[PDB]
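Structure, S-thalidomide included.
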Amino acid sequence: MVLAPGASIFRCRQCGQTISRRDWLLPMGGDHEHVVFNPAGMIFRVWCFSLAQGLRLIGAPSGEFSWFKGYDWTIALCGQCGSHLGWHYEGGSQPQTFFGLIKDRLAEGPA
Ligand SMILES: O=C1CC[C@H](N2C(=O)c3ccccc3C2=O)C(=O)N1
Ligand SMILES: [Zn+2]
């Protein structure tokens, strides 16, 4: 508990949409940060969150190339501007669901 925290809320870097909160960071496999690459070779510093808002989840889930064993993913866009912010994971265990958001696509700031 601190007065006037500046590192409280994550917003979409491109538009400001409210997306998540530092309090909702989730240490999957012991770390909230997972460094991964996709089939196109892009490297992502993914932060895992229990909860997020302000996104639009696109399509139906897929297990293909999943970075997290037992989870299927859907692309998560900023619901306001369409920026690709990460993925929603579902279908797994403990937790059943979570979000993996691309750290450098978010801005962190006060509540
Ligand atoms: O857990 C995941 C999320 C989806 C992510 N992914 C991508 O970022 C991607 C880009 C191009 C073609 C196919 C994929 C893909 O499966 C990926 O590689 N693993
Ligand atoms: Zn946005």
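Sequential numbering from 1 along the given sequence is applied to the chain's residues. Header lists the method as X-ray crystallography, 1.5 Å. We count ligands from 1, going down the list as the structure has it; atoms in each ligand are counted the same way. Because only heavy atoms are used, hydrogens play no part in the values below, and waters and symmetry mates are left out as well, while side chains stay in.
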(message) Okay, which bits of the structure are S-thalidomide?
(response) ligand 1
(message) Can you peek at the structure and tell me the main thing S-thalidomide (ligand 1) is bound to, named as in the PDB entry?
(response) Cereblon isoform 4
(request) Find all residues with any heavy atom less than 4.0 Å from an atom of S-thalidomide (ligand 1). (result) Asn38, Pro39, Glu64, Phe65, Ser66, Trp67, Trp73, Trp87, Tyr89
(request) Considering only non-hydrogen protein atoms, determine which one is nearest to atom 1 (O) of S-thalidomide (ligand 1) and report residue, atom name and distance to 0.1 Å. (result) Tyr89 OH, 2.8 Å
(message) Suppose we measure from atom 17 (C) of S-thalidomide (ligand 1) to each protein heavy atom; which comes out shortest, and what is that distance?
(response) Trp67 CZ2, 3.3 Å
(request) Starting from atom 19 (N) of S-thalidomide (ligand 1), locate the nearest protein heavy atom and write down its residue, its atom name and how far away it is, to 0.1 Å. (result) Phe65 O, 2.9 Å
(request) Do me a favour and list the nearest non-hydrogen protein atom to atom 10 (C) of S-thalidomide (ligand 1) with residue, atom name and distance? (result) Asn38 ND2, 3.3 Å
(request) Enumerate the atoms of S-thalidomide (ligand 1) whose separation from the nearest heavy atom of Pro39 is less than 4.0 angstrom. (result) 9 (C), 13 (C), 14 (C), 15 (C), 18 (O)
Would you mind writing out a table of all protein N or O atoms found under 3.5 Å from any N or O atom of S-thalidomide (ligand 1), naming both atoms and giving the distance to 0.1 Å?
unit_1                   : atom_1 : unit_2 : atom_2 : d
S-thalidomide (ligand 1) : 1 (O)  : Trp67  : N      : 3.1
S-thalidomide (ligand 1) : 1 (O)  : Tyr89  : OH     : 2.8
S-thalidomide (ligand 1) : 8 (O)  : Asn38  : ND2    : 2.9
S-thalidomide (ligand 1) : 19 (N) : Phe65  : O      : 2.9

